[PDB]
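Overview of a structure with desisobutyryl-ciclesonide.
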Amino acid sequence: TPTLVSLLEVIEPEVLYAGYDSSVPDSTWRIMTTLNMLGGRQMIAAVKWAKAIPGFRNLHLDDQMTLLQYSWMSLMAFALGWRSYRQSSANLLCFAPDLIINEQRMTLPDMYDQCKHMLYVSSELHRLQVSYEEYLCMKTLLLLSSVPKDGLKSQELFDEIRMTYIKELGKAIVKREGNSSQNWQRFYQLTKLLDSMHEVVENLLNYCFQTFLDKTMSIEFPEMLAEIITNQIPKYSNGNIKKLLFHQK
Amino acid sequence: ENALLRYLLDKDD
Ligand SMILES: C[C@]12C=CC(=O)C=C1CC[C@@H]1[C@@H]2[C@@H](O)C[C@@]2(C)[C@H]1C[C@H]1O[C@@H](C3CCCCC3)O[C@]12C(=O)CO
């Protein structure tokens, strides 16, 4: 019987290419548009991924939809942080192998302020020397990081699935073979990074929502993203979102 | 409505 972490590993989506032509000069508008198109394709792959996470398909179909719609930005920004961590280590934002925010791209107007919340994710993964097994558990936990204020239809099963992956994160940490005290510290550090993703996402969604809503910017989103964005905007407005935390404020 | 996400979740794969 395979281990649960090996099952999470085998379903990890293959890295997608942006289809960005390097022979054409850069513009922030061109990069934003290309990234929205890439994001749509990454979200189609994220649906196929979530369906293969052991336990996910046992939740009510409405809960499956709810979790993907709440967590979509957290999943993209976290996987982006991982790719940036593995690829550069310098570091740069590595959206796709053909679309990296290199030093020349960083000179675009206000580029650092547009990238710093995402660069923080990769910087922390690097600082904490997060492993591939820890990362797989952490990303699954991000899919399970927000619920409606009144809860899910399959709340008991969701809590059991969530606890299972918290314990899986524990197993990955123990492999770093530190003492009981070092394991507790590492669990605290990794779960603090998980909590900080809610704050990273609020910044990214402020940008995403502004560019989606302001039609005078001529910033296109593919159907996959436009559908999730259209669904999420009223939920943020009416406070129908419970952000789950490992550490109380 | 969320037609596309529902379909991706309902279809095989
Ligand atoms: C999902 C997204 C796509 C691919 C990926 O790997 C990771 C992500 C997570 C962040 C997602 C990204 C894209 O949509 C584009 C988004 C949605 C972005 C957050 C916003 O930030 C800006 C910046 C990103 C740095 C380069 C300049 C533009 O682009 C966004 C936007 O609002 C554009 O309208």
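Chain naming is simple here: A for the first sequence line, B for the second, and so on down. All chain A residue numbers match the PDB entry; in order, they span 529-777. Here chain B follows the PDB entry for its numbers: 741-753, in order, are the residues you see. In each ligand, atom 1 is the first atom listed, and ligand 1 is the first ligand listed.
- The largest share of close contacts with desisobutyryl-ciclesonide (ligand 1) comes from the chain named in UniProt as Glucocorticoid receptor.
- Other chains near desisobutyryl-ciclesonide (ligand 1) (heavy atoms under 4.0 Å), by letter: A.
- Counting protein heavy atoms under 4.0 angstrom from atom 18 (C) of desisobutyryl-ciclesonide (ligand 1) gives zero.
- Contact annotation: A/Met571 has no heavy atom less than 4.0 Å from any atom of desisobutyryl-ciclesonide (ligand 1).
- Within the structure, desisobutyryl-ciclesonide (ligand 1) lacks A/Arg633 among the residues with a heavy atom less than 4.0 angstrom away.
- Residue A/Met604 has at least one heavy-atom neighbour below 4.0 Å for each of these atoms of desisobutyryl-ciclesonide (ligand 1): 1 (C), 7 (C), 8 (C), 9 (C).
- Taking only nitrogen or oxygen atoms, main chain and side chain alike, A/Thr739 reaches within less than 3.5 Å of desisobutyryl-ciclesonide (ligand 1).
- Contacts between A/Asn564 and desisobutyryl-ciclesonide (ligand 1) below 4.0 angstrom, taking non-hydrogen atoms only, involve backbone and side chain alike.
- With a heavy-atom cut-off of 4.0 Å, A/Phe749 touches desisobutyryl-ciclesonide (ligand 1) through its side chain alone.
- By UniProt annotation, the domain of chain A supplying most contacts to desisobutyryl-ciclesonide (ligand 1) is NR LBD.
- Listed by atom number, the atoms of desisobutyryl-ciclesonide (ligand 1) under 4.0 Å from A/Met560 heavy atoms are 28 (C), 33 (C).
- Atom 11 (C) of desisobutyryl-ciclesonide (ligand 1) has its closest protein heavy atom at A/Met601 SD, 4.0 Å.
- The closest protein non-hydrogen atom to atom 5 (C) of desisobutyryl-ciclesonide (ligand 1) is A/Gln570 NE2, 3.2 Å.
- Residue contacts with desisobutyryl-ciclesonide (ligand 1), taken as heavy atom pairs separated by less than 4.0 Å, involve A/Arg611 solely via side-chain atoms from C-beta onward.
- Per the entry, the species of origin for chain A is Homo sapiens.
- By the definition of a contact as any protein heavy atom under 4.0 Å away, atom 25 (C) of desisobutyryl-ciclesonide (ligand 1) is in contact.
- Taking distance alone, with nitrogen or oxygen atoms compared against 3.5 Å, A/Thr556 stays at or beyond that limit from desisobutyryl-ciclesonide (ligand 1).
- The single protein non-hydrogen atom nearest to atom 27 (C) of desisobutyryl-ciclesonide (ligand 1) is A/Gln642 OE1, 3.9 Å, given as residue, atom name and distance.
- At 4.0 Å, heavy atom to atom, the residues around desisobutyryl-ciclesonide (ligand 1) are A/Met560, A/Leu563, A/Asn564, A/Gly567, A/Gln570, A/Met601, A/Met604, A/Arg611, A/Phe623, A/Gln642, A/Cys643, A/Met646, A/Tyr735, A/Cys736, A/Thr739, A/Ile747, A/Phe749.
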